[PDB]
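These notes concern the structure reproduced below.
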Amino acid sequence: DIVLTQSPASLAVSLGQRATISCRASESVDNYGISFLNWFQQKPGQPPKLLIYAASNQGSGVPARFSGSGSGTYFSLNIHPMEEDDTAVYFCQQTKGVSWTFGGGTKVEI
Amino acid sequence: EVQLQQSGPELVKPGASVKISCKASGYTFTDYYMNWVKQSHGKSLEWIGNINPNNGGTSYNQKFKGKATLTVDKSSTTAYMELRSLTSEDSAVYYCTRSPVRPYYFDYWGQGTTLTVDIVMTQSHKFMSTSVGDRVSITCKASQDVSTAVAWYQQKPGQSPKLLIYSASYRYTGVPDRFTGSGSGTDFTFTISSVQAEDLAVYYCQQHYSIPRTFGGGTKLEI
Amino acid sequence: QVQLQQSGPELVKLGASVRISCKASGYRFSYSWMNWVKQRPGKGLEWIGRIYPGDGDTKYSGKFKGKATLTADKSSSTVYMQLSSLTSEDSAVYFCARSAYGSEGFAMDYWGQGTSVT
Amino acid sequence: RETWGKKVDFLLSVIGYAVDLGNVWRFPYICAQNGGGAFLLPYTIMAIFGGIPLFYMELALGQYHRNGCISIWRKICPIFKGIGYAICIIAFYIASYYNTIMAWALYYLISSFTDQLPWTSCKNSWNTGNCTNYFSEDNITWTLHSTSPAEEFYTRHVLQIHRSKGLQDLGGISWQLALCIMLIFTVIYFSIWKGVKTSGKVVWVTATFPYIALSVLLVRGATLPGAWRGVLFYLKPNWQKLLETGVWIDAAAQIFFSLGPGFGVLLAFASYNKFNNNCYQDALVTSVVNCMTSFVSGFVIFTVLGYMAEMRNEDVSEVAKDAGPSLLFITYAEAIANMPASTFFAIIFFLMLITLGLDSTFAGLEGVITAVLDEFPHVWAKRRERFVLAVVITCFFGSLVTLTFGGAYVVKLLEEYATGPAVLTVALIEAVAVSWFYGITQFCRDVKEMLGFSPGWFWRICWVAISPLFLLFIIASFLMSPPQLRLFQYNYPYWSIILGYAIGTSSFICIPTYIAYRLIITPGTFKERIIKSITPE
Ligand SMILES: *[C@@H]1O[C@H](CO)[C@@H](O[C@@H]2O[C@H](CO)[C@@H](O)[C@H](O)[C@H]2NC(C)=O)[C@H](O)[C@H]1NC(C)=O
Ligand SMILES: Fc1ccc([C@@H]2CCNC[C@H]2COc2ccc3c(c2)OCO3)cc1
């Protein structure tokens, strides 16, 4: 199993400010160009809805306030200035085989 | 919601050029081909040629070597054609259809536009006389080895044809359960149990084993 | 479109068996996988396994082989997870998600409603 | 000068350079497309006229002169020294793209070592939305944009064509495929450093292993359903196609590409040999069996794709619409995984493509190291263990443009546009050098003194008339119109023929330069300095 952690545990972003969240791991899952690292967003009562295709391209049903880029052993999701309706938890997901491991998650507050 | 629009007819002097178009809609234009089917006056069907929209290359029959070409347009999803050296024997009706890939069949069919001016499939006699509701049979023989690429169509006088059977063994979506067939290699049969007045039309035996595709002569149920 | 419908909830006692299903519809399930995720109220997520229908390959990790048996069938077009020898500490929330292809990075585009296994 | 160990040693290497892995796809595909069984009729008339005697004269110069590639022109006509310098840089140019062909098969050997092959299922990280090759019960269809699982393992993982765009961006070489080059090049270095002593023993295992592999693969296709459809399209005579002038030239280029004479590789075999052997019997049996191998190896491919015509339900021309090296790794590779006991048949076939490639590059390295030794004595190859090590590293660093992510595009332009007309232009210029300039009346005197009899009426006329005119018709129609090399829906730009011809003529520009190099340094009357450099000492 590949070790996959998350930092920080809780972030306090004011109204109109930007932030970032990363996923610490030993891999470097950069095999055949496709970055094998996904992102999720679980709300209380809602399933962990998908955000970005392999941390490089925005998917369907996702608002335009989310983006992501990076390279190597360190990614950084770009978040727009958030409102009060973004109270959820973001996760990490390395999808390189054959065993998959998930992140710990961070608490999003204002 | 697959629909193919057709242009109006026109009277062209022999020897001049003609332009025929049909806009594709309801599906992705790059996922399927754009095939043309000749409908000769008072006779069977004939194949014209196929165009590849992703590369622009085309393949056609040997009779269209110095007669016609095939171009498409990705910005409008409408194919263009230009026949040259018209004669009195070219009194026919052009068609536009939808075709899948591997195998190459003909699912949908257009309304058509009239123009005023290999493995061959041999069938049985066309004029069969049976009573209404009896089990009928249609015999179609192959000249060479055809594994499973046998199809059957239904064309009414004044109406457009349609796909009925899938790989000569199973039904298509939108087809009643009265149409069933089988066959293996050379003994290709087709039967309809408990026929009605709605199924009283012209049938066709088909072959898709090798390029160029060659259509059959045609049969008629009376009844 | 594509939907994933699970069954109803089930109460967990000592020695009971709980069968959870997830019906696939609107797509070809023989050319994709079927992921399962653990979820506990107050904790995070955890990966369990995958089902690739058509040939029967199933991968297990995270010591879930002792209680979870992942079996599916192509004729009825759904998956099954057979639970056995349950305790009070095994209470969690199970979800089934449709995995995307390798060009998109095996992402979970759609999700189910989730059952309360407690 | 040393010689070979036994008599049957150098008879086994001449056939081993004659056969390769090209004889299983380049020959029988043009047979099925160009009239079926009628294509074998120009195969046996153009062989005795252009193939066989040009194959025979290359041994006769090597038997008498017993010298290398560059030193045979010192005692015939010294202005043609540019011929031996041309074939040296093509040996660096061939080894760039040719070793990547077995490197795709060497990666297939370690991939198919497991029990579960990745070709019978789409359980991988490819474009799985188009990977829909499962043949269900009449609930299967593929859109124009669908692909094959053998193609997705060939394009996404091995070549990585999605990481590049074409000739404008080649980028960073695959590290997994670079390790296969080191496994290939180790066996090449450990067999040529001693000379003909180790070259006479390594061919004893590698030249008969594919021949027994053709026997065990034929019995698989013999008791195989649907194999009669493959022999039908292969053997049916269509005499309406032979009236076209195009099928005559393509049949003549096939025999020249199969045997491959005049490149300098084979004359190194006759240099280390006694003069008493019958060169007529040694050359006649090699050209006869090479048509027999290409006839047998056409049976082991077409009987298997006839089963693919049964399951996919099309014609055999539709399943074999591709034209190139992709016939083995896309169409034939997926047919092995659908068979019972697929773990055994996948290894013996993909090791057959390994051993047929290494016999051609075993002997190709001998032809370039023998040339530098005799022309410059006590300067190059004083230590034979060190100087051939400098040769193998140059084609290793030269192959870095072929191990890229766009490596599939560069092997297509270098096979056909660069090394295609280059092998004809170096072979036509040596054919007129021995016939017209050296003299046909002088050439047969050296053959009859080592054999004991004069050649017949057929060999005298064909050396002066047929063999120069055989290669002229092929090089003329090739420089008629530049074709469009279509490789995975990517069309090449208009300047691809410009860069393709410029790298191809770089060896062809050496021969008018090397004839101009000697007329400057040799002084005297302009008629006398030329005729001194035609007549040897
Ligand atoms: C495999 O299928 C996918 C379908 O998702 C194809 O994706 C298409 O890619 C092209 C650009 O290359 C886009 O313009 C299309 O819009 C995509 N598909 C659709 C329907 O929008 C992909 O091209 C296919 N692979 C191959 C080799 O054709
Ligand atoms: F265009 C063409 C040039 C040469 C040929 C040859 C004809 C005979 N059969 C083998 C073919 C490949 O020759 C090789 C292989 C590896 C080599 C090599 C030569 O020299 C250095 O390493 C075929 C076609």
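Alphabetical chain letters, starting from A, follow the order of the sequence lines given. Chain A uses the PDB entry numbers throughout; the residues present, in order, are 21-130. Residues displayed in chain B correspond, in order, to the PDB entry positions 16-132, 150-255. To match the PDB entry, the residue numbers of chain C are left as they are there, and the shown ones run 20-137. Here chain D follows the PDB entry, giving residues 79-615 in order. Ligands are counted one by one from 1 in listed order, and the atoms in each one are counted from 1 as well.
- For ligand 2, the correct pick from paroxetine, vixotrigine, aficamten, peramivir is paroxetine.
- The chain forming the most contacts with paroxetine in this entry appears in the PDB entry as Sodium-dependent serotonin transporter.
- Other chains contributing a heavy atom less than 4.0 Å from an atom of paroxetine: D.
- The organism that the entry gives for chain D is Homo sapiens.
- Per UniProt's numbering from the N terminus, the transmembrane segments of chain D showing a non-hydrogen atom under 4.0 Å from paroxetine are 1, 3, 6, 8, 10.
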